[PDB]
Visitor: 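Consider the structure of Protease NL4-3 with darunavir bound.
Just so it is clear: chains get the letters A, B, ... in the order the sequence lines come, proteins before strands, and each one is counted from 1. Below, all heavy atoms of this structure are taken into account, side chains as well, without hydrogens, waters or symmetry copies. Note that ligands are numbered from 1 as they come in the structure, with each ligand's atoms numbered from 1 the same way.
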2 protein chains.
Amino acid sequence: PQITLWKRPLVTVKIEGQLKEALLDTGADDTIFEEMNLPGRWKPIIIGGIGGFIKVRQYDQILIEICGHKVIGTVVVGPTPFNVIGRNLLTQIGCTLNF
Amino acid sequence: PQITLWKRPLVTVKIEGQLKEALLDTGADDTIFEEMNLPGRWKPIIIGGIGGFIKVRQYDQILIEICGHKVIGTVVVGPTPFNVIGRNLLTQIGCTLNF
Ligand SMILES: CC(C)CN(C[C@@H](O)[C@H](Cc1ccccc1)NC(=O)O[C@H]1CO[C@H]2OCC[C@H]21)S(=O)(=O)c1ccc(N)cc1
């Protein structure tokens with residue numbers, strides 16, 4: 001799928017049996033979701049962005065099915081206004097920027 | 001160009017005769033730059049992101065030469081960790097996400 005940028009690049013994803021919409025974000029190193037539970041042992045970390053830094057929980061090898069592809073990787077959970085698919089997962093679907 | 005996401009998608013830009021590197025951020029609605037001088041008036045505004053909000057200056061009709069393409073539009077100036085090229089200018093260079 002080719003995606004233009006006239007609107008927010010939101011895709012439907014399935015993570016841990018839950019349906020969500022997440023932002024394909026080339027400016028995010030990492031993937032972060034709002035509150036939810038996930039398998040495995042998590043380490044507490046802190047991520048930073050435009051407005052400051054937030055405390056989040058980091059999970060490794062989480063499965064996300066994004067628009068029909070499958071990816072496994074670190075998924076961080078914490079207070080974000082959007083669900084964001086950082087580059088860690090974008091690489092795994094072979095997502096590129098073109099112009 | 002085609003840009004993979006294994007590394008941060010930075011490009012060199014020329015804005016107001018200054019050479020800068022900026023992020024091709026599909027998660028950003030607008031464009032924000034570090035502290036600098038610019039032409040025209042500016043209304044003070046506030047942008048929100050991961051971790052809160054910041055006060056910034058908003059300029060209109062600002063020209064940027066991105067990787068040899070020219071675009072004009074609203075550029076925000078304020079305390080960001082990265083210069084960010086948002087959708088408000090990515091659409092003008094015809095930039096798309098592909099996978
Ligand atoms: C909150 C997002 C939906 C939108 N953001 C763009 C996003 O790409 C930022 C852009 C960004 C890039 C570097 C530093 C701060 C913000 N990246 C980000 O927050 O990512 C964090 C999680 O992954 C890590 O990667 C780096 C920061 C971490 S934003 O910075 O807050 C933003 C929102 C609106 C505008 N007009 C401009 C910028």
Visitor: Tell me the other chains with a heavy atom below 4.0 Å from any atom of darunavir (ligand 1).
Guide: A, B
Visitor: Considering only protein heavy atoms, which is closest to atom 14 (C) of darunavir (ligand 1), and at what distance to one decimal place?
Guide: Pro81(B) CG, 3.0 Å
Visitor: Using a heavy-atom cut-off of under 4.0 Å, does the side chain or the backbone of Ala28(A) touch darunavir (ligand 1), or both, or neither?
Guide: both
Visitor: Using heavy-atom distances only, which candidate in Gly86(A), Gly52(B), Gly27(A) approaches atom 12 (C) of darunavir (ligand 1) most closely?
Guide: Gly27(A)
Visitor: Which organism does the PDB entry give as the source of chain A?
Guide: Human immunodeficiency virus 1
Visitor: Looking only at heavy atoms, is any part of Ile47(B) under 4.0 Å from darunavir (ligand 1), and if so is it the side chain, the backbone, or both, or is it neither?
Guide: neither
Visitor: Regarding darunavir (ligand 1), does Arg8(B) bring an N or O atom to under 3.5 Å of one of the ligand's N or O atoms?
Guide: no
Visitor: Side chain or backbone of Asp25(B) under 4.0 Å from darunavir (ligand 1), or both, or neither, by non-hydrogen atoms?
Guide: side chain
Visitor: What makes up the binding site of darunavir (ligand 1) if contacts are defined by heavy atoms under 4.0 Å?
Guide: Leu23(A), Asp25(A), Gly27(A), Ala28(A), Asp29(A), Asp30(A), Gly48(A), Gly49(A), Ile50(A), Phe82(A), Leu23(B), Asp25(B), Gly27(B), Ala28(B), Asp29(B), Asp30(B), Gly48(B), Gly49(B), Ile50(B), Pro81(B), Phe82(B)
